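Only one structure is covered here, and it is reproduced in the block below.
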Amino acid sequence: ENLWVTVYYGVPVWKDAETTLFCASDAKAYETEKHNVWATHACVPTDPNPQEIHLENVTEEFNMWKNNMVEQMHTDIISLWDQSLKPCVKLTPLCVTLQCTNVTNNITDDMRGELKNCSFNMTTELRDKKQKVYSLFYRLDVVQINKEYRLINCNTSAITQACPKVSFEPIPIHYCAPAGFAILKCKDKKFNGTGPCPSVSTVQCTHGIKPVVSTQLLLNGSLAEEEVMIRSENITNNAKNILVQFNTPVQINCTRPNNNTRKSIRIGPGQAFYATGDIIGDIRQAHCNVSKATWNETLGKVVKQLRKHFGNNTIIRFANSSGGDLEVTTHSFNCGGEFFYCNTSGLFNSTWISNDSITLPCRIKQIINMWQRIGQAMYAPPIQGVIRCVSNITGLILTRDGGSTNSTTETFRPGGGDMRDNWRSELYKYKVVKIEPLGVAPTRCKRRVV
Amino acid sequence: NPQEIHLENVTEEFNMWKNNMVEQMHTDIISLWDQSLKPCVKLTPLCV
Amino acid sequence: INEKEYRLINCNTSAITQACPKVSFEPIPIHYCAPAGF
Amino acid sequence: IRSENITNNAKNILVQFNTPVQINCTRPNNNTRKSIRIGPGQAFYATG
Amino acid sequence: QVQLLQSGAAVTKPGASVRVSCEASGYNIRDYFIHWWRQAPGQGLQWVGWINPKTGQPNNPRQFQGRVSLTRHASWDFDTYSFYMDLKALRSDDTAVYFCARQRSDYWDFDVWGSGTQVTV
Amino acid sequence: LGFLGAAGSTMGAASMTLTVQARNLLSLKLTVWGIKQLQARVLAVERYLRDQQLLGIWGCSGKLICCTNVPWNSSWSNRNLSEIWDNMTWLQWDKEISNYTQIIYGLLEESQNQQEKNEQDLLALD
Amino acid sequence: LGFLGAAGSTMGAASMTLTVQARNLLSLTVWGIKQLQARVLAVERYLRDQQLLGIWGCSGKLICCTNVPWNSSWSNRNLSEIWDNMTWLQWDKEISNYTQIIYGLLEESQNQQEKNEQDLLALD
Amino acid sequence: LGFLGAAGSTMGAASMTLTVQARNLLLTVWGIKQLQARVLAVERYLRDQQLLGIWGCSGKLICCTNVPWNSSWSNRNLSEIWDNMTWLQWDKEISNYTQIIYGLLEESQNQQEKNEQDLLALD
Amino acid sequence: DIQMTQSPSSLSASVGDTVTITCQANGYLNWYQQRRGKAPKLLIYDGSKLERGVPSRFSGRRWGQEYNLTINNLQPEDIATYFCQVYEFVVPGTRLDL
Ligand SMILES: *[C@@H]1O[C@H](CO)[C@@H](O[C@@H]2O[C@H](CO)[C@@H](O[C@@H]3O[C@H](CO[C@H]4O[C@H](CO[C@H]5O[C@H](CO)[C@@H](O)[C@H](O)[C@@H]5O)[C@@H](O)[C@H](O[C@H]5O[C@H](CO)[C@@H](O)[C@H](O)[C@@H]5O)[C@@H]4O)[C@@H](O)[C@H](O[C@H]4O[C@H](CO)[C@@H](O)[C@H](O)[C@@H]4O)[C@@H]3O)[C@H](O)[C@H]2NC(C)=O)[C@H](O)[C@H]1NC(C)=O
Ligand SMILES: *[C@@H]1O[C@H](CO)[C@@H](O[C@@H]2O[C@H](CO)[C@@H](O[C@@H]3O[C@H](CO[C@H]4O[C@H](CO)[C@@H](O)[C@H](O)[C@@H]4O)[C@@H](O)[C@H](O[C@H]4O[C@H](CO)[C@@H](O)[C@H](O)[C@@H]4O[C@H]4O[C@H](CO)[C@@H](O)[C@H](O)[C@@H]4O)[C@@H]3O)[C@H](O)[C@H]2NC(C)=O)[C@H](O)[C@H]1NC(C)=O
Ligand SMILES: *[C@@H]1O[C@H](CO)[C@@H](O[C@@H]2O[C@H](CO)[C@@H](O[C@@H]3O[C@H](CO[C@H]4O[C@H](CO)[C@@H](O)[C@H](O)[C@@H]4O)[C@@H](O)[C@H](O[C@H]4O[C@H](CO)[C@@H](O)[C@H](O)[C@@H]4O)[C@@H]3O)[C@H](O)[C@H]2NC(C)=O)[C@H](O)[C@H]1NC(C)=O
Ligand SMILES: *[C@@H]1O[C@H](CO)[C@@H](O[C@@H]2O[C@H](CO)[C@@H](O[C@@H]3O[C@H](CO)[C@@H](O)[C@H](O)[C@@H]3O)[C@H](O)[C@H]2NC(C)=O)[C@H](O)[C@H]1NC(C)=O
Ligand SMILES: *[C@@H]1O[C@H](CO)[C@@H](O[C@@H]2O[C@H](CO)[C@@H](O[C@@H]3O[C@H](CO)[C@@H](O)[C@H](O)[C@@H]3O)[C@H](O)[C@H]2NC(C)=O)[C@H](O)[C@H]1NC(C)=O
Ligand SMILES: *[C@@H]1O[C@H](CO)[C@@H](O[C@@H]2O[C@H](CO)[C@@H](O)[C@H](O)[C@H]2NC(C)=O)[C@H](O)[C@H]1NC(C)=O
Ligand SMILES: *[C@@H]1O[C@H](CO)[C@@H](O[C@@H]2O[C@H](CO)[C@@H](O)[C@H](O)[C@H]2NC(C)=O)[C@H](O)[C@H]1NC(C)=O
Ligand SMILES: *[C@@H]1O[C@H](CO)[C@@H](O[C@@H]2O[C@H](CO)[C@@H](O)[C@H](O)[C@H]2NC(C)=O)[C@H](O)[C@H]1NC(C)=O
Ligand SMILES: *[C@@H]1O[C@H](CO)[C@@H](O[C@@H]2O[C@H](CO)[C@@H](O)[C@H](O)[C@H]2NC(C)=O)[C@H](O)[C@H]1NC(C)=O
Ligand SMILES: *[C@@H]1O[C@H](CO)[C@@H](O[C@@H]2O[C@H](CO)[C@@H](O)[C@H](O)[C@H]2NC(C)=O)[C@H](O)[C@H]1NC(C)=O
Ligand SMILES: *[C@@H]1O[C@H](CO)[C@@H](O[C@@H]2O[C@H](CO)[C@@H](O)[C@H](O)[C@H]2NC(C)=O)[C@H](O)[C@H]1NC(C)=O
Ligand SMILES: *[C@@H]1O[C@H](CO)[C@@H](O[C@@H]2O[C@H](CO)[C@@H](O)[C@H](O)[C@H]2NC(C)=O)[C@H](O)[C@H]1NC(C)=O
Ligand SMILES: *[C@@H]1O[C@H](CO)[C@@H](O[C@@H]2O[C@H](CO)[C@@H](O)[C@H](O)[C@H]2NC(C)=O)[C@H](O)[C@H]1NC(C)=O
Ligand SMILES: *[C@@H]1O[C@H](CO)[C@@H](O[C@@H]2O[C@H](CO)[C@@H](O)[C@H](O)[C@H]2NC(C)=O)[C@H](O)[C@H]1NC(C)=O
Ligand SMILES: *[C@@H]1O[C@H](CO)[C@@H](O[C@@H]2O[C@H](CO)[C@@H](O)[C@H](O)[C@H]2NC(C)=O)[C@H](O)[C@H]1NC(C)=O
Ligand SMILES: *[C@@H]1O[C@H](CO)[C@@H](O)[C@H](O)[C@H]1NC(C)=O
Ligand SMILES: *[C@@H]1O[C@H](CO)[C@@H](O)[C@H](O)[C@H]1NC(C)=O
Ligand SMILES: *[C@@H]1O[C@H](CO)[C@@H](O)[C@H](O)[C@H]1NC(C)=O
Ligand SMILES: *[C@@H]1O[C@H](CO)[C@@H](O)[C@H](O)[C@H]1NC(C)=O
């Protein structure tokens, strides 16, 4: 009569756990051209039916900013970047001093001194010869040596550049749990970055995510499903970045109006080096456009959400960045295979109280130091022709000014440029657990006597 | 002395030039060629 | 080098390296086998 | 006392103490070091 | 040595710009926020701001806007860092001890400070 | 039915899906993505194989349901078994007995399987 | 006696070699890298078959009897007309478009249900 | 009750520990070596289990084949072995004949047993 | 938001007295001490545990927003100003005397 404990198998059990995520891309479509920087020459194709089911009667805890899937992305992406970087030509011959002048070609007068024409006696295919060559450069990539100039990073780890054929366009990537593990997702459209979720589902793989890189506003992320969302690991800690997620796209147009031309030289055998060609036509600044009305109305929507965390009728203000490294001082992104920076402070020139387009100046620097790293540097190759870019702005990374009094007149600025929080905007929806099929329970049966 | 086994009453298609055994050899051999040379000293001073 | 000076034929092509003298290029038979279950 | 073969003088004789023997060693000079830049981004060190 | 270096005391006539500084110590600087504090004599300590050394990014109270900034610098071999606080508008009530601090944790534990310096006007 | 749909089922009702749950338990080239896949494949095998080892020890191999004869101290649970089958998910049940599982496993191995082998040895004497 | 000698004989005769064919089912230079890939693959495939047998209750056997009837439409020969004159490979080709169906049937139509019945028997 | 404690007792007594012995069977340079070790362990484990499945002895630490053996391989009274030799010592004596035995296990009883089982099931 | 207050003023307590100081605040609390001409020192952090190298005599309590700090067996070398702190706000210092 007394119950005996007995064995069961295939029983669902969940434990929080971490494993390396599977690589995936849709149908390996990148394979049609060679080749994407992150898809590499190969990845696993996605399942034709990435099915998910809503679990009956289930809720689950989630912890944004605790999930290490994000951290895996941080180092996987970096590793990929270096993986394609490694088979390329070093540019250290270019540390030789260059003569320069402020060359113009019907330059607008707000572009003056932004470009320099410079030259050096290089190296040649034979060690015994030298030749003089010149190219255009952005002022940002040089510094006067003491006019004579040197590349800005010659007092830092070496600059490299080759293999322009690789594509820097993002491609969505999906991740899949190892067998015996599973991906769980929160289905609540309004979910807070942490705590239990009233509705859950599970899926074979994550939704695809592009490897988007930006430093002030999120670009081309998932839309908030119903309303603009604001999240922080702890809103009272102002060292924390404030997530802002739009529930609608905001169109932005960006261009590099100058026709671009290119030339190349040989540093030595096997050592092609791309360099800017002389530019034909009027010289004009890079710029972007966003609707005045859309920016205003959606900003007010952010404010309406923002008020949820503060006393009623609190004064709210936005502001120009407090400065720092250029990567956060200005908005930056890569489009068209070329880096851009812009002055976004005009977008924040507002205040808020109770109760047709904007244009922004931009800049280009071809010497880049990725992320926060200082051990590497690279030269972007010139991009021929006029650059045209169109994208949807999907959110903001914001910070809040410290101090003040009486819980009032809060203010905000762009900030948070660490790439980890771009990824968090997509991955907060997911957690991964370990499946333990084994389990036991009491029974009225006994093994047969033999 | 590997053991060949002659099948009784069996035939099979062997479609030559569809075999990728060859292709693996093609890149196996090339890859080895590179590995043998990677340790070796560069001659770039000879462009004088 | 010109229409005499001379240069290696590949200096206008990817760089030249030297094979190491200590390893023979003589062919050796190579055998292959199935993975288990094949 | 151990050796592969004690009569073989091609072989090393291990000696394992059954007690510690203390030794103290020093480099009495007060040393300083200088950073050097050779390659860009390439620190080198030299004795001060 | 985990302890921060601290720059010496100074005095200027009112309205002067002023600079103070601190330096890196054996802990990895990249992993912690730098904070500045000031104290009027006869008064409790006042927070000034923080800077994220990895990004060079300052955060200050509305009270000090447009008056101060924070900067940072590092050795080319990255074994040192410098930190600075600049104020462009001294006034007699800006006399205070000023010092650096490390944010050890997300509870803002500050287990180390520079000795501080005395700025006077 | 989809994998883990049983999580909303009562513990007794979850038994109907055990086969489904078992179905997916098992399932330069130096580019890092390939390396990652390799590690995943090895780990999955290790864990799968480990479970099968335990079942073979317990004599429950080849079954999703088994019937041990091992008694347990009643203190391990606060409920009548029928109450258990219908008032909780298995996840909840796991928590209820979370500190006894090591005890149980040792018992399954020796209190019944080692001993049964001895009993079969007595039969083997004939 | 040799491996795969059954390809020369009828399906009934092929039963004699099942143990034989089972014997080898399991048993920085790039070759070492490739070797590891081979080792892993072999294990994975071996286990997949074992997994199915464990579900089917057919583990530990080269022959396992089942309670699953099959729809006669899948083949149209007298039972002796297959077992006594067909190479097993030929048989594979005829059955090949129904095997998915069969596998699902094996898993639940009898094995999931039988395990329930086993519990019910042991219940008393 | 320690692992391999049976080495201190006769091979008949060693049967008591079989349940113990099975319990533990399951980009730096070291990471590479670790990987190889994990694979090796799996391979050896599975190979042994494979044989038991052939022999029909799977899932049992002790099993009872129906194959008789030629006594000439070891002419001793069973008690003269089990109460004297360690399992290892006896193993050294029977080590050479083991491939004979394995072939016999596969065919003389198990392949034909399975055939007979089907024949029985025909009725 | 920040609700910090403190009540210790200053204390005249004699040597060897166990003494306490209290404050109340919303959120996490850190305790510190300072002497003139010197940098402040952390004593307690995260509403609980002592900073490493703090003497065993130091202790404290949390309940709700309440916070307590005490020093068992107080000694003249322990005379210092004391603080309660939240990420930015700091209660004005309070101090020992004797
Ligand atoms: C952002 O940063 C802030 C800044 O620190 C951080 O702070 C937390 O804020 C949240 C919400 O504001 C707190 O969550 C709640 O806190 C209540 C207070 O916790 C304490 O009081 C316990 C006794 O409380 C009862 O009695 C008091 C009056 O005496 C009364 O106010 C209460 O309402 C309640 O009736 C006490 O037991 C507890 O200390 C014990 O527990 C901790 C472990 O957590 C342990 O270290 C201690 O030693 C001790 O054993 C503590 O002193 C609390 O009442 C409340 O409980 C209810 O809500 C939860 C869910 O919301 C239920 O699960 C629970 O059963 C009750 O319904 C709840 O815990 C949180 O405590 C603050 N942090 C700390 C350290 O106190 C936020 O966490 C940060 N947020 C994010 C998102 O990052
Ligand atoms: C926010 O998300 C949006 C949506 O995903 C995203 O928008 C798309 O961004 C990409 C990148 O900026 C744009 O892609 C470029 O588009 C042009 C034009 O393509 C259209 O027209 C061609 C014919 O011209 C059609 O074949 C094609 O289907 C399109 O309809 C392409 O010209 C670009 O490709 C060039 O560069 C590639 C390498 O990156 C080469 O592989 C390719 O062959 C092309 O190069 C040729 O031209 C170069 C000069 O112009 C020349 O130097 C080369 O040698 C070669 O000859 C590229 O695909 C895309 O159009 C945007 N979509 C829209 C709606 O605008 C944003 O990028 C994204 N933002 C973030 C930050 O990720
Ligand atoms: C966030 O937004 C704020 C405000 O919108 C920006 O802060 C201002 O930035 C501009 C440019 O960076 C500053 O103006 C520059 O100041 C230089 C020096 O100014 C001092 O000295 C002059 C006399 O030389 C006094 O008249 C003046 O009051 C100052 O005391 C000038 O040298 C600059 O002029 C030169 O460049 C400009 C083009 O930019 C040319 O037109 C001129 O002819 C000349 O060549 C220039 O005026 C301004 O002072 C800043 N404001 C404050 C309060 O400091 C931030 O820059 C922005 N954030 C970031 C990261 O940029
Ligand atoms: C962003 O949108 C702005 C408008 O909101 C665009 O600016 C406009 O750009 C064109 C081309 O440079 C300018 O047109 C030129 O104007 C002169 C004088 O009117 C005329 O002589 C030329 O024939 C030509 O039309 C136009 O004036 C300028 N508008 C303003 C406000 O300056 C800009 O092109 C947009 N960028 C993107 C990428 O589309
Ligand atoms: C690489 O070397 C460059 C210099 O060649 C370093 O940049 C220079 O750094 C100093 C210190 O931050 C800046 O000095 C400031 O200059 C202004 C004007 O001369 C002066 O008013 C200030 O008092 C101060 O000295 C200097 O402007 C800056 N140069 C530029 C181009 O920004 C850089 O720090 C070096 N990197 C390494 C790792 O050391
Ligand atoms: C190109 O090489 C010439 C020499 O062939 C360099 O000219 C000398 O430059 C130095 C530095 O300015 C002066 O001291 C010499 O007097 C210059 N010589 C003459 C003939 O004027 C020039 O610097 C080289 N350019 C590059 C970029 O290195
Ligand atoms: C810019 O954002 C808009 C709105 O989010 C996108 O338009 C949507 O496109 C998707 C897929 O093509 C459709 O399923 C939606 O129905 C569209 N929105 C609406 C309101 O109809 C647009 O695709 C985004 N731009 C890019 C380049 O993707
Ligand atoms: C970005 O620029 C493009 C074109 O320069 C704009 O696209 C046009 O938008 C209007 C308004 O809806 C449409 O009527 C046109 O048909 C669009 N052109 C094409 C070719 O499709 C786009 O609206 C701009 N976005 C913003 C935010 O300014
Ligand atoms: C950059 O400077 C160089 C010389 O310092 C310029 O080179 C001349 O270019 C024009 C047109 O391309 C030719 O007609 C001349 O023969 C070139 N001179 C030499 C010595 O080669 C070049 O034009 C300048 N480019 C820009 C954009 O200013
Ligand atoms: C980035 O934007 C800010 C304003 O949003 C610019 O501040 C302006 O500074 C210039 C030059 O000192 C003045 O002519 C303007 O009057 C300022 N703006 C306002 C609204 O007063 C800042 O200069 C911009 N940076 C760049 C590089 O353009
Ligand atoms: C940038 O400008 C160049 C020339 O100014 C453009 O090149 C023209 O290309 C077309 C078609 O390929 C030719 O028919 C013209 O003859 C070219 N122009 C010249 C002067 O040779 C180029 O197309 C422009 N870039 C883009 C993206 O349109
Ligand atoms: C090596 O030097 C140290 C100090 O120079 C010797 O340490 C001494 O040890 C004795 C025995 O415990 C102590 O009484 C002394 O006080 C130690 N000296 C100091 C300065 O602390 C040590 O004995 C030396 N070893 C040898 C083998 O000479
Ligand atoms: C090693 O030991 C010797 C002595 O045991 C030390 O030499 C002494 O050095 C001091 C000052 O250099 C002299 O005053 C003594 O007379 C020396 N002793 C003798 C016996 O000559 C020496 O300093 C020790 N060195 C270290 C590294 O431990
Ligand atoms: C070749 O295949 C045929 C059938 O595919 C086999 O034919 C049998 O041959 C034996 C002996 O010659 C007879 O006893 C049988 O009656 C034949 N027919 C059958 C079994 O259907 C033949 O054995 C095969 N040859 C080999 C070497 O395997
Ligand atoms: C803080 O410590 C003080 C003593 O230092 C505690 O004081 C007692 O507080 C309760 C509640 O107000 C009173 O009933 C007692 O009479 C107080 N004692 C005295 C000496 O006044 C207080 O309880 C402590 N708080 C914490 C949370 O433990
Ligand atoms: C457990 O049985 C008691 C009566 O002994 C009853 O009150 C309770 O409903 C039972 N629980 C289950 C799940 O049937
Ligand atoms: C099988 O039936 C066919 C006719 O469909 C016939 O020719 C053959 O004799 C049959 N075999 C049996 C054993 O009756
Ligand atoms: C050692 O061997 C002797 C007989 O060979 C026996 O008396 C004793 O029990 C053995 N010890 C162990 C630990 O087996
Ligand atoms: C086995 O028999 C031999 C004699 O044939 C004898 O010497 C030995 O004692 C025997 N062992 C047993 C356990 O009786």
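Proteins come first, then strands; the chains are lettered A, B, ... in the order of their sequence lines, and each starts at number 1. A fraction of the deposited model is presented, and contact counting is confined to that fraction. Quick note: numbers below take in every heavy atom, side chains included, and nothing from hydrogens, waters or symmetry partners.
- From 3BNC117, GC1008, CNTO 1959, the name that belongs at chains E and I is 3BNC117.
- Ranked by contacts, the top partner of 3BNC117 (chains E and I) (the one with most) is named in the PDB entry as gp120.
- The heavy-atom neighbours of 3BNC117 (chains E and I) at a 4.5 Å cut-off, by chain: A, D.
- In terms of heavy-atom pairs under 4.5 Å with chain A, the chain of 3BNC117 (chains E and I) that comes first is chain E.
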